[PDB]
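Dihydrofolate reductase (DHFR) bound by trimethoprim.
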Amino acid sequence: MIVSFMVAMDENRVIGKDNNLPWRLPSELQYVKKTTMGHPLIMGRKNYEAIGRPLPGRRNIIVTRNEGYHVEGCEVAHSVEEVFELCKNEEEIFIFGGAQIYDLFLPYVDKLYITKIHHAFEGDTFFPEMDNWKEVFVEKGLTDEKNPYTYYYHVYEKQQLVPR
Ligand SMILES: COc1cc(Cc2cnc(N)nc2N)cc(OC)c1OC
Ligand SMILES: [Ca+2]
């Protein structure tokens, strides 16, 4: 099962503030929605609560220590093992939100769906750093009136290597 990340980022690798996104990008969010369509959404509790509601078209799997955490139209996992368990028959998943959720799926990550907004915002949350990788795709995001920022979509798959 392909373990993919889906993050929208910043100049300073900002991916949030008190809980929500510092930017308002309906186009970006559409590219997000389309890309992950058909695949589960792996996201932490405070993250999903930022999102606000179950994103349709995909298994909404949530992560939390809380054994007694439930939320309608959503699956909940207390372990990475329990996510891999749930998504055992999945061809690909998308790690979505919570900087600490990334660090849990870090050891397994396969593909990186990183958006980079060319600005410096004020944010509390940030994205863990990484050493590789290998960019396979790149496209600029639509800067409109409703997308008042310049940002590009960046895809990264693991860098191979020629046997010594
Ligand atoms: C509904 O779509 C949302 C998705 C996300 C997570 C997320 C969304 N897109 C990308 N590219 N990376 C992410 N980590 C975060 C959100 O706010 C926290 C969303 O809306 C509220
Ligand atoms: Ca893997």
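By the PDB entry numbering, chain A shows 1-131, 134-166, in order. Indexing begins at 1, ligand by ligand and atom by atom, following the structure's order. Keep in mind that the numbers below use all heavy atoms, side chains included, and drop hydrogens, waters and symmetry copies.
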Location of trimethoprim: ligand 1
Site of trimethoprim: non-hydrogen cut-off 4.0 Å: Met6, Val7, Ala8, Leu21, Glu28, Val32, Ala50, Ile51, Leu55, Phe96, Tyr102
Polar contact flag for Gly97 and trimethoprim (N/O pairs, less than 3.5 Å): no
Residue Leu55 vicinity, atoms of trimethoprim by number, heavy atom under 4.0 Å: 1 (C), 2 (O)
Cut-off 4.0 Å: other ligands and ions near trimethoprim: none
Close-contact set for trimethoprim against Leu21 heavy atoms, below 4.0 Å: 16 (C), 17 (O), 18 (C)
Per-atom contacts, trimethoprim versus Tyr102 - under 4.0 Å to a heavy atom: 14 (N)
Heteroatom distance test (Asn20, trimethoprim): nitrogen or oxygen, under 3.5 angstrom: no
Distance-only N or O hit between trimethoprim and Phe96, under 3.5 Å: yes
